[PDB]
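Here, lopinavir is shown bound to protease retropepsin.
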Protein chains: 2
Amino acid sequence: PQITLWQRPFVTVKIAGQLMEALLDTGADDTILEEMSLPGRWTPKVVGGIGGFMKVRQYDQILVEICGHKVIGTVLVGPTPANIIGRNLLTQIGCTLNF
Amino acid sequence: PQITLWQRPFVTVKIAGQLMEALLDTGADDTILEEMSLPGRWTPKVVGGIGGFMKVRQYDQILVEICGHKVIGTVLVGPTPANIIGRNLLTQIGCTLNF
Ligand SMILES: Cc1cccc(C)c1OCC(=O)N[C@@H](Cc1ccccc1)[C@@H](O)C[C@H](Cc1ccccc1)NC(=O)[C@H](C(C)C)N1CCCNC1=O
């Protein structure tokens, strides 16, 4: 798909049997999802945004189905105001900016 | 041009005679630049990101040359960790996501 940017670029994603929408975000290095049950071990991490820092749980080798495409990578889970698909996964769906 | 996302998508921008780099950011509604001297009236505003909220100065009808091409729009100025070109200006340079 080609997507213009007049609206927020949301896509549907499926992770660990659960469905949600997330923003395709070229300004994000990492992928961050709202508090959810992901099974297994994790690592404490903190991410910095525009207003300061946020504590998250880092989960590795997570399967993400993004617009149906299957990719695997690191997902951060915590009290984010928006689910964000960052470049770590965008590269895996062949995402480019064109202008 | 087409830009892949293995690295952060920085572009050179020129605003009020000053040069800087900024992130092309599909996850940003608005454009925010580090503290700089923009002449003229402004409006107090707060933007909410990850980590919380940040106070900014809102400047309207500002000319921005993004990768050499001219657009006009609102720019927020404040203590941002990164200069960010948001969708308000991305739409004006015909920016699309392709995946
Ligand atoms: C930079 C980074 C590094 C590692 C991991 C991650 C997830 C990273 O990205 C986190 C991040 O906040 N990135 C921002 C841009 C970023 C890059 C580098 C440093 C800091 C930040 C931006 O892209 C996404 C973030 C999402 C969002 C948050 C709250 C509400 C709605 C949306 N968007 C916003 O903050 C925008 C701002 C910029 C105009 N925003 C503000 C309110 C209204 N909606 C909205 O669009």
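Chains are named by letter, beginning with A, in the same order as the sequence lines. Here chain A follows the PDB entry for its numbers: 1-99, in order, are the residues you see. Here the PDB entry sets the residue numbers for chain B, with the shown residues being 1-99 in order. When reading the values below, keep in mind they use all heavy atoms of this one structure, side chains included, and skip hydrogens, waters and symmetry mates. In each ligand, atom 1 is the first atom listed, and ligand 1 is the first ligand listed. Determined by X-ray crystallography, 1.8 Å, according to the entry header.
Other chains having non-hydrogen atoms less than 4.0 Å from lopinavir: A, B. When only non-hydrogen protein atoms are considered, atom 30 (C) of lopinavir lies nearest to B:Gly48 O, 3.7 Å. For lopinavir, the atoms lying closer than 4.0 Å to a non-hydrogen atom of B:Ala82 are 18 (C), 19 (C). From the protein, the heavy atom lying nearest to atom 15 (C) of lopinavir is B:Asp25 OD2, 3.1 Å. Regarding atom 25 (C) of lopinavir, its nearest protein heavy-atom neighbour is B:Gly27 O, 3.8 Å.
Residue contacts with lopinavir, taken as heavy atom pairs separated by less than 4.0 Å, involve A:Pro81 solely via side-chain atoms from C-beta onward. Within the 4.0 Å heavy-atom criterion, the part of B:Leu23 lying near lopinavir is the side chain and not the backbone.
Of the protein's non-hydrogen atoms, A:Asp30 OD2, 3.3 Å is the one closest to atom 4 (C) of lopinavir. Taking every non-hydrogen atom of B:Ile84 and a distance limit under 4.0 Å, the qualifying atoms of lopinavir come out as 15 (C), 16 (C), 21 (C), 38 (C). Taking all heavy atoms of A:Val47, B:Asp29, B:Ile50 into account, the minimum distance to atom 10 (C) of lopinavir is reached by B:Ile50.
Among protein heavy atoms, the minimum distance from atom 35 (O) of lopinavir is reached at B:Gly49 CA, 3.5 Å.
Distances from lopinavir to the non-hydrogen atoms of A:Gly86 include no value under 4.0 Å. Atoms of lopinavir found under 4.0 Å from any heavy atom of A:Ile32, numbered from 1 in the order shown, are 7 (C). Among protein heavy atoms, atom 36 (C) of lopinavir sits closest to B:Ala28 CA, 3.9 Å.
The binding site of lopinavir (heavy atoms under 4.0 Å) is made of A:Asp25, A:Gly27, A:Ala28, A:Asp29, A:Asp30, A:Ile32, A:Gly49, A:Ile50, A:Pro81, A:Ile84, B:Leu23, B:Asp25, B:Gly27, B:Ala28, B:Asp29, B:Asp30, B:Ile32, B:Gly48, B:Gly49, B:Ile50, B:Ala82, B:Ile84.
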